[PDB]
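Co-structure: (S)-carazolol and Beta-3 adrenergic receptor.
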Amino acid sequence: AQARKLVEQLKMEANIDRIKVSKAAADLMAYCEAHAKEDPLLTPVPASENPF
Amino acid sequence: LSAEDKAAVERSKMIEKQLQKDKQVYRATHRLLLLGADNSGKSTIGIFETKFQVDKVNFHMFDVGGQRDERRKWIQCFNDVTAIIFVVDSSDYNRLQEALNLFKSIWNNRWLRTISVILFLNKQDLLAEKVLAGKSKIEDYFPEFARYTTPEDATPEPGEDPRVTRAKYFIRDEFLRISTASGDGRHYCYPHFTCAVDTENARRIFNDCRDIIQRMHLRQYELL
Amino acid sequence: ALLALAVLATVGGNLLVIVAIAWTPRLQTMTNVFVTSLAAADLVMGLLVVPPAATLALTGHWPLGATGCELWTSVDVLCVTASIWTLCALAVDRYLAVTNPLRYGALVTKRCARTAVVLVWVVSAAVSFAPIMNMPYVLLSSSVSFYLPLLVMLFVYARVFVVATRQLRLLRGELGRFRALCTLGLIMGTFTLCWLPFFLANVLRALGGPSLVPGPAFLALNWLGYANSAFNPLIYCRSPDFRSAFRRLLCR
Amino acid sequence: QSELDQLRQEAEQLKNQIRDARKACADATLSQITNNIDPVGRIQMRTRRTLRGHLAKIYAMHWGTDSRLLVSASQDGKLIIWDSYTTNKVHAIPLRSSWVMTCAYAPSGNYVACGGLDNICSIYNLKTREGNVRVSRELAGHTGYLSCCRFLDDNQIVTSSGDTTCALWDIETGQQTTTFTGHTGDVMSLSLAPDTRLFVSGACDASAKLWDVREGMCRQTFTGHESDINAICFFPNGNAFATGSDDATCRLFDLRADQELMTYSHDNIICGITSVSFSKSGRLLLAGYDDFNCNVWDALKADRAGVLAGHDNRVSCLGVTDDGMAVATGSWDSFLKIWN
Amino acid sequence: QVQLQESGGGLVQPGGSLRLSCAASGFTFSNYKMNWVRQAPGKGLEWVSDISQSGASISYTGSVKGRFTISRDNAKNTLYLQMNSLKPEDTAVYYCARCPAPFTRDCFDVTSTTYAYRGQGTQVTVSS
Amino acid sequence: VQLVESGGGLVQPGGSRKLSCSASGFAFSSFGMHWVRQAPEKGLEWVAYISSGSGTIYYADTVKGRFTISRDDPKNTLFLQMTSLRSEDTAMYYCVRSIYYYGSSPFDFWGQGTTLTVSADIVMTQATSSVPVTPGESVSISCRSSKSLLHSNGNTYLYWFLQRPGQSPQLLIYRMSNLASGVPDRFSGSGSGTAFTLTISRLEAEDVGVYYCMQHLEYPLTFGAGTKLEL
Ligand SMILES: CC(C)NC[C@H](O)COc1cccc2[nH]c3ccccc3c12
């Protein structure tokens, strides 16, 4: 049963549903674009508003 | 700065003063990593921490033994030790190649490339007994032992066989060849012949760490 | 014209050294304490010592007042003594780090380094301002400021040289089974070739009378030591660590 | 060969089936998906703060949830809590073992965690009536060194060990409520999801697994690296993560796509990654390398957008504040630097 | 995915010849030092030979010195081990092992009990 | 945690008396200690302060120079040497602990106090110095300050204390908004610069007493005259 757990895990991973990579990439794009404004590293804040 | 901000800054200053006291305590202590095989006998020489004292110098030896056989990750934590103490079993010729491979990997390890190794050939009495007997021959596991003659610099111990000298110095020269095949003088290998009853290993570690740090200071002062 | 170049070299190099040591937390390694004391001494050489002398040489008129010169000479003696005693301190630190490494790990601490620097500068000020409070004084001052530290550094660096050469030969033997000269000679040769002629002519004037050694020659020798004060940053900070700090400082 | 043949064959087919499914689902690469967007340009980040209290190399750091307090572990066997705004040392916690390879900052801020070669996760109470930081719970039960530990809540902590296992503990009882098994080599890092219902872990088998905390099972397994994975970080969305391995490459894996979306590497980068992190928006992926310099990668375009140069040894840890104001980088030169 | 498939093992009378091949997939072959390890029955893992990234540096154990020759071919991404004059002490299952990290000269934890970058094995048994 | 004060008693107007404050149950060496007095007919009044490690000492202007303060961390004792007393010094002196770091709670613990009888300032005004209330009904108490306590760092350094009759006061709110440990949520702290209020929801037992407001902006520590919540 040494490899029985491995084969069962592989079967369990195969059982899942996989969505299209284009859709996943588009979702990541959507999140990054939507939350771009609230990223201080992306667009640096004015030195007055910078706590450091 | 408010009164509370000032008090917090003061408290940080007192924390920094305690840190400086700990710096004084910590710099004076020399850290040594103890590596070896299961049969190497490094126990006599989880983590089994030792703290001994030679000539008013504080040494801290660490024998990691609570991990698995994979040591490629947790060994990087010891990038700043004074020296790595490598213990081998000279009698066991079968695992001698495994010890050589471990020594080679430690020597050529990107992070342990600046760490000198103190080499302790541990079971010298067992090696001498095995060589005197006909139990096994070195040449089986090392055919190059045929074409090898005792070094000129080799100093035999009184009352010892020349063949035991040949065996012990060939075993030591395998490690030495591995060590001087590379490294270009940043770190050095220090070979020692050890017995299970030996009591001068602390003095040996003291002398060899003194040499290690003396050469480090020379190199940092550009005096080679 | 060359004296101006020496002045600007002194001030720039030593100010850069001080700035790098102070602003780099990684360079504050106890021996930079002596390095920064020496850099301060050389900086005050380039600032309050060499400009008046250069202006006097290129123009007979003394730029400093009549009373100002009597305290400008005691800034010369103070600063030169401090630089030489700091060089001796650096030699002693190297000796203790090479010959007793294990114990040197805590033999000289921050307290000891800041006591030694303070004692160096206090002795320099005492030797410098003792006249304010001639032949015997010149001899004693030159012995305390130059000859005693020079002998100490010679003994110290000889011991370090024999240790370093023994270790080099041992290493060559070890690696051959299957430079201290350049560095120490540079360190000693700069200091000697610069401050030894002046402190030898000092004793010569004191003993045989001022007539034996001419003024212009005395000026030239004193103006060779000033060159030493200029050249000190080059030799005590030619480490990859120091060079990294200088690069990071002057790039931005 | 009985089991050794049958199980090996069934697996070999199953892996082929997974590969075919990933090929079918790979409709189009993310790089082209984002081949039209504007370049993120260069994000020049200057060292705004430098925290210098540690006595030796720094192995880990962690930010408080308030994005102002941070903890850090070092080889000197001390745990130091910093106020990044004022550089003040809020706390200095002496540690019994000086080989602590990780530290964790409770999200509530009450406790702190530490562990390492001692195979024990130690929990230290910060807000106690005695006024001094006191160890409250020493979690034992791991048979290897503790690579990482993260607080699920004030009473639950998830730790990853070098015994090829990750565990979910319960600080109250001090016992493991769940043990996650399946990794072949040491688990070098773990990242908790924003919803904290599942986490990912990177091991020394060049694979990263996604564990469901409740059921204690591996939902998915991601491969694609060829060297030990050292760094793991969950995407802010929570549906993806990034891994940093000794191959000197960073890869982005999507939970739903179950495959690598983009490899962040260049031909001249031959140094492994020790730590990775994301920004608030997940556009910049900061990766700390062995070359003493941290690179800032455009997470959607794979082109290097900046370098966090200034550390004079290995960048061991690298974390971003919960509010995204700053990035703190710990290295082996005993200094923590805050960049804005 | 790092996959090291190796084959070529079979029943051979003592003193014969045998070529062991190890097809490597999932990684760049040319930047990894490659190793050969074996496990004789009743014993533990042991190192046999290694070859550098390009092939300039090659080493072997004393037991297999002069009779085993290891060659790598980066073009086809495979590792070879030509064995000559087999002896009854050489009966073992042979694994094909890789250095954990690229551009390195230190194969650490290759002969460990559970190493990730190691093949399944070929049962090379020599007897008369 | 337990703070023990001793030495208070009958002293002539001309003389001296040493006040001791024994520490037990906390890291006395890492805490900054204060001495706060309170006359029988007067509210609390801050008299002196010695920081952690004795690195900084402050005194009230009323007893500046006249009094001395000190601590013995190895012995875990706090000392206040008083010389040339005055008839106005009749008061119960409180030993107060306070540790200062980001997010700490200063003035958290007050000693039981010892009673001693003798034979550039921010003023805090507490309106409605005596009002009757009914249990089970919410109440609001407001103390205002001459100078705004906000330090532009989001730190309105105002502190609330509850002196129940017969025991030392305890800290309720620190920084005007943060509830202290062991204090129930029914208490609420709010307000702005130069105007603060304390809100209590569902008034219950163990709340009858005198409510004090204290500023910590700068060190001339000043306490309100008291509110005297009564049934
Ligand atoms: C006198 C002024 C113009 N120049 C002095 C030299 O710069 C430095 O001279 C010294 C340095 C250290 C000790 C010294 N003792 C002396 C005695 C006489 C003259 C110079 C020095 C002297």
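Quick note on labels: first sequence line is chain A, next is B, and so on, each numbered from 1. In what follows, every heavy atom counts, from backbone to side chain, and hydrogens, waters and symmetry copies are set aside. Every number for a ligand or one of its atoms is a count from 1 in the order of the listing.
The full list of places where (S)-carazolol can be found here is ligand 1. Under a 4.0 Å heavy-atom cut-off, the other chains found next to (S)-carazolol (ligand 1) are C. Looking at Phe199(C), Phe218(C), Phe146(C), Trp223(C), it is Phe199(C) that brings a heavy atom closest to atom 12 (C) of (S)-carazolol (ligand 1). Under 4.0 Å from (S)-carazolol (ligand 1), the heavy atoms of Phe198(C) that appear belong solely to its side chain. Among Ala130(C), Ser74(C), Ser141(C), the residue whose heavy atom lies nearest to atom 15 (N) of (S)-carazolol (ligand 1) is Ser141(C). Backbone and side-chain nitrogen or oxygen atoms of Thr81(C) are examined, and none is located within less than 3.5 angstrom of a nitrogen or oxygen of (S)-carazolol (ligand 1).
The contact set between (S)-carazolol (ligand 1) and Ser145(C), taken as ligand atoms under 4.0 Å from a residue heavy atom, comprises 12 (C), 13 (C). Near (S)-carazolol (ligand 1), meaning a heavy atom under 4.0 Å away, lie these transmembrane segments of chain C in UniProt's N-to-C numbering: 3, 5, 6, 7. Those atoms of (S)-carazolol (ligand 1) with a heavy atom of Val80(C) less than 4.0 angstrom away are 8 (C), 11 (C).
For (S)-carazolol (ligand 1), the atoms sitting less than 4.0 Å from at least one non-hydrogen atom of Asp76(C) are 2 (C), 3 (C), 4 (N), 7 (O), numbered in the order shown with element in parentheses. Listed by atom number, the atoms of (S)-carazolol (ligand 1) under 4.0 Å from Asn202(C) heavy atoms are 16 (C), 17 (C), 18 (C), 19 (C), 20 (C), 21 (C). Note: an N/O pair closer than 3.5 Å links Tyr226(C) and (S)-carazolol (ligand 1) by distance alone.
Counting heavy atoms under 4.0 Å, the binding site of (S)-carazolol (ligand 1) comprises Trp72(C), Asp76(C), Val77(C), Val80(C), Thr81(C), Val138(C), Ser141(C), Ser145(C), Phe198(C), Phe199(C), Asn202(C), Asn222(C), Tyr226(C).
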